[PDB]
Visitor: 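Attaching a single structure in structure tokens format; questions to follow.
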Amino acid sequence: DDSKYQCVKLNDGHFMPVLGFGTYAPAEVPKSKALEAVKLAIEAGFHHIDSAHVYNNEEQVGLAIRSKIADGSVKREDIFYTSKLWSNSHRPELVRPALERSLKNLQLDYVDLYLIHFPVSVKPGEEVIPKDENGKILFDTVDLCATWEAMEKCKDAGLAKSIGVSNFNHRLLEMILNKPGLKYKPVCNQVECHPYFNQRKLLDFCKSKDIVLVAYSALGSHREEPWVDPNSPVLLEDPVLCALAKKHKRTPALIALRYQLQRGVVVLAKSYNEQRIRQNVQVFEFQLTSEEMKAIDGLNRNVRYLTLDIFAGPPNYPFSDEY
Ligand SMILES: NC(=O)c1ccc[n+]([C@@H]2O[C@H](COP(=O)([O-])OP(=O)(O)OC[C@H]3O[C@@H](n4cnc5c(N)ncnc54)[C@H](OP(=O)(O)O)[C@@H]3O)[C@@H](O)[C@H]2O)c1
Ligand SMILES: C[C@]12CC[C@H]3[C@@H](CCC4=CC(=O)CC[C@@]43C)[C@@H]1CC[C@@H]2O
């Protein structure tokens, strides 16, 4: 039965599929691969697709989605598509224009979810990481509560079914939740999460407010230089994950994805390979015991692959606080 799939009810009443397809790939990888990969993901059973303006693939991702609706493989209501607002468009007057630009590239009428991508703001313009004459990034001073109000207007206009955040810490979440006149809470906080960085504290805070944590780099990340240090440990070579995989005749990736589902996290998984795409959907075919979950909880070791430390400095940089 393919018209049903596992989802979670968001705090605005909409439903989010619990397994999402990651679409980012390094610039070297031709865009024809993103188009094909999304088609393969939909074919395999993924109903949640994650992208962003800065991934430079929304034209291809949108074409894939539209092709799979037009060939009868899926209906628009059974696709949950996420886009993200880049940091050069945090000013409240620029939020709707950025969403409209994404929608025009996608050729879709609405996104299911629109997120604030990263909480540090940069100067507006066509450059996505604007830099001065000495190579210094041009930061901008924006009140994210004002940005949030503009996100709420996008939801009221129907351009985004749901709105949320990404890369927010405890303080930043509280700032939105305590905003005077708040209309809509964020439905989710999309952050790095895997057995080496399991986010227990931030996850519990999100649970206490009915905010869903959406895990990125759940398989150990793309490991793309300069974003990820090559000396960071390779998640999927972990001996505990590999031993659990061998016991169950599964793979370390499947163990890492199932861990997130059973702790109440919505998990993303990027793959541009036909067999790994099909493999990843097998997360719904087995369950982990409480002892196995505890063993995986024991791997926590403070390994953050994606620091985005070129944006460090401003008070909104999210990774200096404990959580
Ligand atoms: N909000 C943010 O700031 C943010 C940041 C990072 C990522 N994201 C989102 O999260 C997605 C996922 O994370 P990521 O892109 O960092 O990666 P990831 O999902 O952690 O994956 C890592 C790598 O795992 C490989 N892989 C996939 N399935 C596998 C399997 N079954 N067995 C072995 N290897 C497998 C992939 O290679 P192949 O493609 O060759 O299979 C991929 O290069 C991104 O694409 C993006 O949509 C968001
Ligand atoms: C789009 C881009 C390459 C991909 C970058 C992006 C800035 C944000 C970013 C952070 C990562 O850790 C992954 C790669 C990305 C998504 C860069 C801004 C200019 C550059 O061309």
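Using the numbering of the PDB entry, the residues shown for chain A are 1-323, in order. When a ligand or atom number is given, it counts from 1 through the structure's own listing order. Per the header: X-ray crystallography, 1.2 Å. Values below: all heavy atoms of this structure, side chains included; hydrogens, waters and symmetry mates excluded.
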Visitor: Determine which of tapinarof, zidovudine, testosterone, imipenem is the drug at ligand 2.
Guide: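 The compound there is testosterone.
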Visitor: At the binding site of testosterone, which chain contributes the most contacts (name from UniProt)?
Guide: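 The chain with more contacts than any other is Aldo-keto reductase family 1 member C2.
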Visitor: Quick one: does atom 8 (C) of testosterone have a protein heavy atom under 4.0 Å from it?
Guide: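 So far as the 4.0 Å threshold goes, atom 8 (C) of testosterone is in reach of a protein heavy atom.
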Visitor: Which is closest to atom 5 (C) of testosterone by heavy-atom distance: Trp227, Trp86, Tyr55?
Guide: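 Shortest heavy-atom distance from atom 5 (C) of testosterone: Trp227.
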Visitor: Among protein heavy atoms, which lies nearest atom 4 (C) of testosterone, and at what distance?
Guide: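 Atom 4 (C) of testosterone sits closest to the protein heavy atom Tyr24 OH, 3.8 Å.
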Visitor: At a 4.0 Å threshold, what atoms of testosterone neighbour a non-hydrogen atom of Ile129?
Guide: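 Going through testosterone atom by atom, the ones under 4.0 Å from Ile129 are 7 (C), 18 (C).
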Visitor: Where does testosterone share space with the UniProt substrate-binding residues of chain A, that is, which have a heavy atom under 4.0 Å from it?
Guide: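 Short answer: the UniProt residues with a heavy atom that close are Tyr24, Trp227.
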Visitor: Among all protein heavy atoms, pick the one closest to atom 2 (C) of testosterone and tell me residue, atom and distance.
Guide: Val54 O, 4.8 Å
Visitor: Report the part of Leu306 in contact with testosterone, treating N, CA, C, O as backbone and CB onward as side chain, heavy atoms under 4.0 Å; options are side chain, backbone, both, neither.
Guide: side chain
Visitor: Which residues overlap between UniProt's NADP(+)-binding set for chain A and those with a heavy atom under 4.0 Å from testosterone?
Guide: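 By heavy atom, within 4.0 Å of testosterone, the UniProt hits are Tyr24.
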Visitor: Taking only heavy atoms of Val128, which atoms of testosterone are found under 4.0 Å from at least one of them?
Guide: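 Listed by number with element, the hits are 18 (C), 19 (C).
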Visitor: Provide the nearest UniProt active-site residue in chain A relative to testosterone and the minimal non-hydrogen distance to 1 Å.
Guide: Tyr55, 4 Å
Visitor: Does the protein put a heavy atom less than 4.0 Å from atom 20 (C) of testosterone?
Guide: no
Visitor: Mind pulling out the residues near testosterone? I'm using a 4.0 Å cut-off on non-hydrogen atoms.
Guide: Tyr24, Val54, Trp86, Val128, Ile129, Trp227, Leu306
